[PDB]
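The following structure holds (S)-(-)-nicotine.
Labels below follow one simple rule: chain letters A, B, ... track the order of the sequence lines, proteins then strands, and each chain is numbered from 1. Just follow the structure's listing: the first ligand is 1, and inside any ligand the first atom is 1.
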Amino acid sequence: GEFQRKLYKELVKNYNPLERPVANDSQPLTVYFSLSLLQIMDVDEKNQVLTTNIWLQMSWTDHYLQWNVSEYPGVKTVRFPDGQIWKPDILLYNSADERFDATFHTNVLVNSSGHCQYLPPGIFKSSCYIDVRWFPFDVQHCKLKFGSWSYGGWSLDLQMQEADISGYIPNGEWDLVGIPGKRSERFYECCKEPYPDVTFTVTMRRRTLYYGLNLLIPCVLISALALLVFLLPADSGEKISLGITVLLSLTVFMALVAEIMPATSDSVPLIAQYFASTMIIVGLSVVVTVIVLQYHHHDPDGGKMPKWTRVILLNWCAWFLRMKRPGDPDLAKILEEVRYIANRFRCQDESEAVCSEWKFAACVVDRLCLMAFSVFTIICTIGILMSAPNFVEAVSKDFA
Amino acid sequence: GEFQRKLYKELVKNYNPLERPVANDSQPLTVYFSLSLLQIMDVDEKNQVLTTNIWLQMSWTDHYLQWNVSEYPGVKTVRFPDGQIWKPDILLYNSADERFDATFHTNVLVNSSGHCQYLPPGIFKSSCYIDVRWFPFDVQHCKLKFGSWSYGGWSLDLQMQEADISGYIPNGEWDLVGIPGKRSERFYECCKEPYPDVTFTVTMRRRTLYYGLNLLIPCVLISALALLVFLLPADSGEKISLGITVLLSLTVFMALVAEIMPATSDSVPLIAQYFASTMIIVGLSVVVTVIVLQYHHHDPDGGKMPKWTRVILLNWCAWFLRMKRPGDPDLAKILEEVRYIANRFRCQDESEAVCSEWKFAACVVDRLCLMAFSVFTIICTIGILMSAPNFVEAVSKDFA
Amino acid sequence: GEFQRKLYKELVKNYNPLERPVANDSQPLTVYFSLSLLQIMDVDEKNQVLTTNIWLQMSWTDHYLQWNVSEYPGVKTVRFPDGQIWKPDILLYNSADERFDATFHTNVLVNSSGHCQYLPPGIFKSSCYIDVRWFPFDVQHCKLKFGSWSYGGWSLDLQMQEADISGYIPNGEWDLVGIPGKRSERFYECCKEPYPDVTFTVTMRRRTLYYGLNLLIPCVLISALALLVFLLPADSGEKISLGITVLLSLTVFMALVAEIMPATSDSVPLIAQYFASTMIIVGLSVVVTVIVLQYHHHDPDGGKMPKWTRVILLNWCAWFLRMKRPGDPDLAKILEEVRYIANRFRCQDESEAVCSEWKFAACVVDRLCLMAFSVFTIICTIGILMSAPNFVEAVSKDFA
Amino acid sequence: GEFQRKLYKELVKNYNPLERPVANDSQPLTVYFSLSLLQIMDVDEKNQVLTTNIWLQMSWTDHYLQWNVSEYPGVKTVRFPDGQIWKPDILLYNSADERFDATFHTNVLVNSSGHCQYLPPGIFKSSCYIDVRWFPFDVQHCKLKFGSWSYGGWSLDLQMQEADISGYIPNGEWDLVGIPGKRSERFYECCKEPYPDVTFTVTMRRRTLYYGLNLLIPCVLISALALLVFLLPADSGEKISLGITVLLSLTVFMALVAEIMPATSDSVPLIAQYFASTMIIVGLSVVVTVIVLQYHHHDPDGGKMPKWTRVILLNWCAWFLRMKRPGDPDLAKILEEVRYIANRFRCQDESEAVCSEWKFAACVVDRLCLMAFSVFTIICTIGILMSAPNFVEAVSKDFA
Amino acid sequence: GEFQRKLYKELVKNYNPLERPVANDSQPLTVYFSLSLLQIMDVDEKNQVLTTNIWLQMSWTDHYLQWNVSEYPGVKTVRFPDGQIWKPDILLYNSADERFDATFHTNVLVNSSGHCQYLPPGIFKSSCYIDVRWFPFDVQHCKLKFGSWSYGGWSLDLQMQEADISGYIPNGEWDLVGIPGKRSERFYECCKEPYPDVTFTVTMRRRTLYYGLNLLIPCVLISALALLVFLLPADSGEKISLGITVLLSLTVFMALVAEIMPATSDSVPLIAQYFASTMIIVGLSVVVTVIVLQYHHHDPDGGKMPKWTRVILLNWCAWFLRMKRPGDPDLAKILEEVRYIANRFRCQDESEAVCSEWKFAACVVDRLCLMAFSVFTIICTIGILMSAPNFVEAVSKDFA
Ligand SMILES: CN1CCC[C@H]1c1cccnc1
Ligand SMILES: CN1CCC[C@H]1c1cccnc1
Ligand SMILES: CN1CCC[C@H]1c1cccnc1
Ligand SMILES: CN1CCC[C@H]1c1cccnc1
């Protein structure tokens with residue numbers, strides 16, 4: 001259109017894109033900054049990197065891009081590309097992207113009264129501190145720091161508008177609690193001028209259904225299966241095999257799965273604590289299995305039972321568990337020979353009785369250890385899980 | 001040519017690439033937008049990222065790029081590169097690429113009557129919601145949202161043309177069901193102007209041949225082989241080894257293959273449910289194996305069976321399964337000694353008979369458990385698989 | 001030089017880089033397109049992406065870049081950079097690179113008679129269909145489609161010259177069979193103008209030495225050592241251990257190694273078929289081992305051998321395999337007592353006689369199944385391998 | 001503003017961005033270079049790559065960008081983008097990024113007296129030598145070398161200001177010791193001119209809580225559990241199983257975990273030394289277990305022990321460990337026959353006694369080797385861990 | 001300064017960056033090309049990609065960039081950025097980066113007599129053929145080809161200066177042997193003009209301390225521990241378990257670690273050959289263990305030993321190994337009964353003697369095969385290691 005073309009010709013006349021568009025130079029320029037979050041595309045615990053897809057909202061009044069709509073009847077808004085009009089140098093301070101600016105420079109809508117608008121999208125990659133102490137029931141606060149790079153408080157009076165999450169799409173792993181913001185002024189060793197900034201904190205809670213179903217439940221079930229080593233009769237040579245195979249499976253599990261955790265040293269993760277507790281339980285189970293096998297395979301001539309252990313293990317533990325406690329010269333020479341045979345048989349029977357008593361003591365120790373270990377692992381797992389905060393509310397929100 | 005050079009000289013005379021080419025500024029500009037899908041290169045279930053090779057189709061009428069062919073006899077079409085003529089700022093709203101615009105800016109052909117065409121290719125990386133509840137028999141709908149970034153409904157009246165899949169090449173993993181689309185107008189908190197957009201939904205079904213062959217069949221086969229623990233005679237100490245080895249192999253299979261699923265918590269995947277069912281079956285098989293070994297290795301002097309279990313396990317289960325149920329003074333002192341030997345032998349024989357009865361009870365329990373577990377696992381696998389919709393048609397298309 | 005500088009000044013005068021350099025605008029411009037394959041950098045079966053390092057070759061006559069060498073004695077060729085002269089917009093249609101154009105824009109040589117040359121290099125990433133049905137003995141045909149983007153048949157008459165592989169550096173994995181090319185005209189729904197293109201098909205054969213040494217041989221050898229379960233005497237209980245451990249090793253092998261295959265569903269790959277056959281063989285070997293152990297550990301009082309199985313297993317299989325088939329009152333009651341002990345011993349002897357017959361039957365079944373499984377695995381492996389085409393020629397080229 | 005626009009117009013009049021802004025060309029230009037470390041985002045031991053978020057600080061006096069504020073009442077500072085004013089070509093010499101320069105070119109603040117300021121951020125990726133001889137208790141010194149690329153001592157007199165870590169955020173894995181630096185002049189084979197540079201050395205210490213908890217503790221515990229093979233009674237048959245399973249688990253652990261060490265050959269890492277010691281201990285334990293099983297399973301008729309091993313193993317080791325040491329014609333023919341039976345029984349008892357003495361000797365060796373191996377492993381692990389320097393202080397800082 | 005600004009104004013007057021700066025156009029331009037290798041950042045055996053950080057050195061005489069220093073007292077050197085003065089289009093022919101030109105375009109210094117200098121750095125990624133036949137003791141020669149892209153011999157007379165490695169920082173993994181180069185002229189099918197090039201060959205040797213310590217030693221030790229299967233007494237059922245577990249661990253080791261070799265078929269790598277030999281040794285050991293178990297568990301009623309094997313295994317091998325070779329009517333009916341009992345006992349003793357002889361033969365076979373296998377494995381490992389060239393010098397340089 002003739003009017004649009006003439007207005008475009010007259011609008012850039014004597015216009016310098018480097019100049020701050022203010023009628024009075026001594027007065028600061030007010031820029032309203034906001035944010036429009038859409039997706040928490042990825043959060044990387046190991047690298048402490050937050051990746052989001054957001055739209056930055058900026059607005060300011062331009063003193064030179066004004067016209068009377070009566071003289072230009074058809075046009076009411078005009079769009080300027082990058083590098084043709086002044087734009088704020090608002091940057092993400094704590095950006096982790098290889099190129100510092102991840103915004104996609106788009107056009108700039110302009111009022112008929114000089115008011116401007118700027119909505120550059122972009123995949124923002126910010127470095128936020130990630131806490132894994134209460135993993136996976138942790139609540140993460142990551143901060144997005146936005147502020148003008150080379151404009152101070154006397155020049156660009158940055159202002160805050162509430163973040164908009166109307167277009168936000170739910171993430172399958174993280175539940176958003178809110179995105180509050182704050183505006184503050186900081187001094188720098190470079191210069192004697194304040195540099196106001198707008199910081200948006202992203203509070204997200206991790207959904208624990210997948211992790212609880214894939215890590216906690218299988219490991220708890222395998223630990224409960226490890227207790228089966230104490231129900232295997234000692235006569236079958238499979239207790240050691242079962243215990244060591246369970247331990248090998250679990251030690252493969254921890255190293256293979258719980259490696260996505262960052263190599264931080266701020267504190268021990270809850271999952272690490274619980275894996276360590278399970279490893280201790282399984283190792284002590286193997287130790288007790290070795291002790292039980294040592295008691296079971298005792299030589300009758302190796303040594304009699306000591307009085308204290310004999311009396312305690314055959315009276316007190318039996319009472320507690322209600323275990324059942326088992327239990328012419330030719331004739332002369334031929335008689336002597338058969339007497340020898342029978343005496344040897346009697347000695348064999350006495351040795352067998354001693355061995356049976358040893359086996360009973362071993363089985364009693366085994367049952368007592370099974371009960372104690374089951375109680376210990378139940379209480380330890382319950383306490384470890386309940387130690388983390390927001391555990392009950394997380395379960396109520398996820399499983400219920 | 002002289003005519004072509006003169007027309008190029010006269011075409012850009014007083015031409016502003018920022019101006020919307022409309023004869024009447026108060027009227028909007030009609031832009032026909034379409035899409036030409038070529039390949040679904042990659043869909044990332046874990047990353048919720050879809051990657052496709054597509055060509056965007058845009059066409060609009062330019063009021064300033066017109067000429068009389070009679071005055072330029074040889075030329076009929078001209079091409080302008082990027083940044084020399086006005087082009088719609090149509091962008092992919094839900095882009096997941098590091099740079100928002102993935103299009104490759106190509107030349108722009110022009111009619112002799114001002115009509116234009118624009119066919120920029122590009123590797124579009126859009127973020128779509130990926131549902132894995134019915135994996136691998138899931139049907140996925142992902143939306144590609146296209147619309148002008150800075151032009152509203154009063155300026156750029158975006159229209160729609162049906163997507164073209166004539167050049168589409170098939171994927172070896174996903175079967176296209178179609179690419180429908182819709183045009184809608186929505187408001188934004190920025191401005192009081194509607195912004196029409198065109199959204200193309202991609203409906204793709206996953207081909208399940210590879211997954212069913214490489215995950216389902218091996219796991220069902222190994223679960224069926226785990227039932228062999230109940231056909232092993234208890235006299236050989238290998239039931240526990242077989243069971244624990246099968247369980248370890250299955251837990252490695254799970255934690256090694258079922259990891260490409262995203263860590264979502266919307267719902268439990270079907271494959272996760274079926275792996276959990278298989279894990280429960282194998283664990284309970286190990287528990288029953290320990291029970292059978294406990295029954296088999298019973299001390300004769302430990303205690304007789306309770307009459308209830310004796311009668312039930314020796315009558316009812318035997319009848320149901322048609323089990324076969326097995327079964328001077330020198331002479332005086334020599335007499336007493338052989339009497340003692342024979343009495344000891346008779347006691348040994350009766351103890352052996354009791355032990356054999358215990359072994360029979362253990363074997364009968366084992367067989368009953370084998371039958372029950374086979375029925376349970378068959379019905380559970382069949383039900384879990386048949387629960388997912390479109391299962392039968394997926395099989396008919398893939399295997400048949 | 002003065003002459004060179006003057007010629008450069010006069011050559012750009014009134015030159016428009018957007019104009020097609022033709023004396024008669026109605027006459028199409030002839031562009032000779034060729035390719036210079038240098039390397040096959042990488043071919044990605046999983047992602048269906050081919051990566052090559054090639055030099056495109058273009059040649060066309062320019063009407064405006066001509067001069068008389070008599071007037072410029074010293075200069076005979078001139079080079080222009082990108083964006084200063086007209087260049088064909090020849091693009092790789094089926095490109096899979098994040099940016100569509102992977103070429104590196106270099107200078108353009110010019111004759112003293114207007115003839116031009118343009119050889120841009122680049123790492124080209126094309127989406128070619130990869131067939132893994134006969135993996136690893138497959139022959140892959142991948143197509144590189146080149147053609148002008150915005151120029152039709154009435155404007156840019158593309159012509160094909162034979163591809164040059166003179167500087168081709170052989171790859172250590174793939175053997176180049178040839179790079180034939182073809183030129184065709186195809187229509188588009190946009191426009192009523194043909195768009196000639198040049199398509200180069202890359203026929204490469206996979207060298208199978210590495211794959212046959214690292215995958216086929218170890219799996220065959222592991223199956224051969226899994227057949228050893230049928231040579232272990234049943235009295236020693238490690239048959240189940242050996243069989244299950246070999247099955248575990250093989251199921252780890254297949255999952256860990258045969259994962260570079262794409263998740264395609266066009267057809268079952270040969271390596272997948274062979275792995276499935278090996279899995280079936282090992283699982284059936286475990287089943288037969290369980291059956292053999294069940295026959296070996298049979299209670300003598302459990303039941304006599306059925307007549308049919310007894311006669312056939314002790315006559316027909318023995319004949320076939322030529323197996324060896326094994327085999328005052330005081331005195332009165334002392335008589336009665338010794339008679340009792342001897343009768344018990346005789347019954348005992350009959351008991352181990354029956355047990356030895358059972359063990360012989362189990363061993364005969366074991367040897368028969370060993371022979372059957374050996375012959376079956378041999379014929380299955382040979383047939384599966386020889387089913388794929390070009391097997392013999394591939395072996396003759398690689399190993400011989 | 002009118003004053004701002006006029007000043008911008010007059011400031012770039014006759015200004016060449018290529019010219020070094022100095023009043024006297026013969027005098028060098030003083031540029032104060034500093035650094036503002038913000039985060040140690042990632043260090044790559046395998047790739048010898050350091051990644052940090054830093055802000056470079058540069059300052060210099062410009063003789064052409066000066067004005068009298070009395071003539072421009074409102075403006076006091078002006079900002080110039082890249083490419084419009086002269087900037088130092090200060091580059092990171094040892095950069096490991098695909099593009100050599102990673103700085104984000106930002107605007108340039110300017111005084112009212114010509115003084116300048118330049119604060120370009122960037123994700124700096126540098127190649128620093130990484131020493132793993134004391135892993136994970138190592139202290140790393142990586143050098144960042146900054147200096148002008150094409151300006152010498154006579155032209156650009158680079159000066160140094162102390163690095164600022166006021167805005168530094170702690171890293172969860174590395175504890176910063178300090179960031180000292182030095183300025184030096186070094187010559188080049190190209191040119192007879194010094195090129196002063198500023199080199200910042202980053203001294204970081206690795207926090208060892210995570211590594212000590214996840215690698216040292218599990219491996220020490222597994223090694224301690226490997227000694228349980230010596231407490232297993234020899235009558236049971238799981239000693240070899242336990243030993244070989246522990247060795248397999250440990251080698252799987254080492255292969256899967258100690259792979260993020262770089263493949264350097266400068267020296268053997270401490271973790272590699274300790275893993276090798278553990279592997280040697282476990283292998284020698286398996287050898288000792290084989291020897292003990294050979295001693296335990298000795299045929300009585302195979303031959304009596306040598307007198308030397310007899311006396312030593314039954315006297316000296318027993319004393320040291322205080323182990324208990326176990327321990328008408330018809331009548332004639334009937335006597336002869338029963339005498340035969342009894343003599344055979346006596347010979348059997350003699351052989352049994354010899355075998356029991358063999359078992360006692362085997363158990364004595366087993367206990368002695370258990371004690372020796374426990375002492376050896378404890379001293380070896382303590383010595384290896386204490387060999388690394390700063391071990392005590394690292395433990396005190398992390399665990400205490 | 002005024003002089004510097006005036007010289008900058010006068011230097012670019014009538015200047016054309018496209019023009020070759022030569023006084024006589026017919027005469028070629030002499031460009032001195034060199035290289036300053038700094039670091040071998042990474043070499044990719046699998047990808048056949050060599051990554052180095054180098055500085056390119058170029059120098060040429062410019063006819064138009066000359067001035068009299070008397071007229072410009074202060075300035076003596078000037079710097080031009082990219083695109084303002086003519087630069088050689090020297091490119092890396094065999095590049096592998098996604099963009100062909102990986103150099104960073106820095107400033108260009110100029111003499112007071114027209115002599116120029118150009119030092120563009122960059123991370124150069126070149127495709128070099130990598131030979132893994134003698135891995136890890138291989139010596140790699142990779143070629144970096146540099147030459148003018150669009151300038152021939154008649155125009156740009158390229159000259160070579162020796163590569164500079166003064167600034168080289170030694171790599172931990174690879175030892176530099178030297179970087180010699182050559183200059184040659186090649187003809188291309190495009191043009192009838194020679195195109196001289198400079199090719200630098202990088203001769204690098206791999207330091208083998210890490211690989212020898214982490215692959216060769218563990219596998220040799222594991223094979224030596226697999227040889228322990230022949231010292232286990234056959235009475236303990238653990239030979240099969242030990243052998244199969246070692247084979248499983250080794251087959252995990254190979255497929256898990258020796259995967260960074262490329263899938264090349266030029267020749268079998270030394271490490272692959274050694275792994276194949278170890279696998280064959282372990283499999284044959286398992287076969288021999290199965291044979292020994294078959295001999296040990298022989299039914300005495302199965303059949304007598306063949307005379308040949310009896311005599312050879314009891315005489316020749318025993319002599320060679322010096323193995324010890326073990327070794328009124330009532331009275332009548334009581335006589336008959338006791339005679340029966342004793343006759344059965346004598347038959348039992350004869351059977352036991354036959355079984356003991358079988359056990360002796362099995363043990364002798366076991367010891368003989370142990371000796372043979374130890375000798376075979378030691379000779380095979382020594383020979384396969386010594387086969388590779390530069391083995392002794394690599395050992396002397398690394399371990400000594
Ligand atoms: C607040 N700004 C952003 C970081 C430093 C500071 C600054 C000061 C002067 C010139 N550039 C940047
Ligand atoms: C519809 N457009 C795209 C997203 C927001 C909106 C918009 C409005 C004004 C200026 N830029 C963008
Ligand atoms: C041949 N070109 C490449 C693909 C389609 C066709 C085309 C048609 C119109 C405008 N641009 C491209
Ligand atoms: C100090 N500069 C940076 C590295 C080399 C040196 C240099 C010398 C001459 C021309 N360019 C660079």
Query raised in the report: For (S)-(-)-nicotine (ligand 4), which chain wins on contact count (greatest number of heavy-atom pairs under 4.5 Å), named per the PDB entry?
Result: Neuronal acetylcholine receptor subunit alpha-7
Report task. Note the other chains with a heavy atom under 4.0 Å from (S)-(-)-nicotine (ligand 4), by letter. Result -> D, E
Query raised in the report: Can you list, by chain and number, the residues with heavy atoms within 4.0 Å of (S)-(-)-nicotine (ligand 4)?
Result: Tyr93(D), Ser148(D), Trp149(D), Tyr188(D), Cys190(D), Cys191(D), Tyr195(D), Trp55(E), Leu109(E), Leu119(E)
Requested in this report: Give the UniProt transmembrane segments of chain D, counted from the N terminus, with a heavy atom under 4.0 Å from (S)-(-)-nicotine (ligand 4).
Outcome: none
**Report entry** Ca(2+) binders in chain D (UniProt) with heavy atoms under 4.0 Å from (S)-(-)-nicotine (ligand 4)
**Finding:** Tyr188(D)
